[PDB]
Q: 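This is the structure, below, for whatever I ask next.
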Amino acid sequence: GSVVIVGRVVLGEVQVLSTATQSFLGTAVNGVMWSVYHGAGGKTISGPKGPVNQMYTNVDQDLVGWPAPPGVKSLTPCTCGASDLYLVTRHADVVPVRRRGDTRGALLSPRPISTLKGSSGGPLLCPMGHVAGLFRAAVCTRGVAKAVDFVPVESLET
Ligand SMILES: CC(C)(C)[C@@H]1NC(=O)O[C@@H]2CCC[C@H]2OC/C=C/C(F)(F)c2nc3ccccc3nc2O[C@@H]2C[C@@H](C(=O)N[C@]3(C(=O)NS(=O)(=O)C4(C)CC4)C[C@H]3C(F)F)N(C2)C1=O
Ligand SMILES: [Zn+2]
């Protein structure tokens, strides 16, 4: 009934999060580990110090947030306005993405949806290594991902 940290992706470190049935990612920004509601629901983040309740819960935007667990360093928000981004997956892959709006980004090369499955909550990074967005959904046709939908980093504030 809680979310557990089961690993990380070393870039800054993205957290690999798991429930009893699902696994996804968590990205710390502004002292808050953000993730997606469709993975974590309203569940707490567990750990040796005891369960911690979510401090942010938005079902409409599919965005949730816990206070960053001790040791989870926050990534730097992107302020350079880059349009060439990089999606970090749970498998440490770094998929180039061309931003085509506030919440959308086109893939330079279509990827099978299976390779992006489980990477919701991962960051989209700019050429400087700063987080410009948070992976939420994929634009899928014939089982192939041609674009992604993400929560803009501007929405990841206190
Ligand atoms: C066809 C498709 C690809 C399955 C689907 N595309 C899709 O919907 O595209 C349209 C067009 C562009 C945006 C989107 O508009 C609808 C908005 C969807 C949403 F995201 F805002 C969302 N809000 C919710 C809020 C509350 C409760 C449930 C919600 N459920 C949602 O959507 C659901 C979930 C989301 C998802 O699967 N995300 C990913 C992922 O990895 N998850 S996961 O870790 O394996 C796992 C399931 C363990 C947690 C990255 C994408 C993929 F790479 F795996 N979905 C379905 C999709 O992406
Ligand atoms: Zn930047």
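For the single chain, residues carry numbers from 1 onward in sequence order. Values below: every heavy atom of this structure, side chains too, minus hydrogens, waters and symmetry copies. Just follow the structure's listing: the first ligand is 1, and inside any ligand the first atom is 1. How was it done? The header gives X-ray crystallography, 2.3 Å.
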Q: Look up the drug at ligand 1 and give its PDB name.
A: glecaprevir
Q: Tell me which macromolecule has the most close contacts with glecaprevir, using the naming in UniProt.
A: Genome polyprotein
Q: Please work out, at 4.0 Å between heavy atoms, whether the side chain, the backbone, both, or neither of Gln61 comes within that distance of glecaprevir.
A: neither
Q: Any idea which part of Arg136 is under 4.0 Å from glecaprevir, heavy-atom wise: side chain, backbone, both or neither?
A: both
Q: With atoms numbered from 1 as shown, which atoms in glecaprevir lie under 4.0 angstrom from a non-hydrogen atom of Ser23?
A: 44 (O), 48 (C)
Q: Is it the side chain (CB and beyond), the backbone, both or neither of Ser119 that lies under 4.0 Å from glecaprevir, heavy atoms counted?
A: backbone
Q: Using a 4.0 Å heavy-atom cut-off, which part of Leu116 comes near glecaprevir: side chain, backbone, both, or neither?
A: both
Q: Is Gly118 in contact with glecaprevir, taking contact as a heavy-atom separation below 4.0 Å?
A: yes
Q: With atoms numbered from 1 as shown, which atoms in glecaprevir lie under 4.0 angstrom from a non-hydrogen atom of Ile113?
A: 3 (C), 52 (C), 53 (F)
Q: Across chain A, in which UniProt domain are most residues that contact glecaprevir found?
A: Peptidase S29
Q: Pull out every atom of glecaprevir sitting under 4.0 Å from any heavy atom of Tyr37, numbered as shown with elements.
A: 26 (C), 27 (C)
Q: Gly121: heavy atom below 4.0 Å from glecaprevir, yes or no?
A: no
Q: Against heavy atoms of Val59, which atoms of glecaprevir measure under 4.0 Å?
A: 25 (C), 26 (C)
Q: With a cut-off of 4.0 Å, which atoms of glecaprevir are near a heavy atom of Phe135?
A: 50 (C), 51 (C), 53 (F)
Q: Can you list, by chain and number, the residues with heavy atoms within 4.0 Å of glecaprevir?
A: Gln22, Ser23, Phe24, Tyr37, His38, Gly39, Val59, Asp62, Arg104, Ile113, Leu116, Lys117, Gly118, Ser119, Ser120, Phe135, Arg136, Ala137, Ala138, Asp149
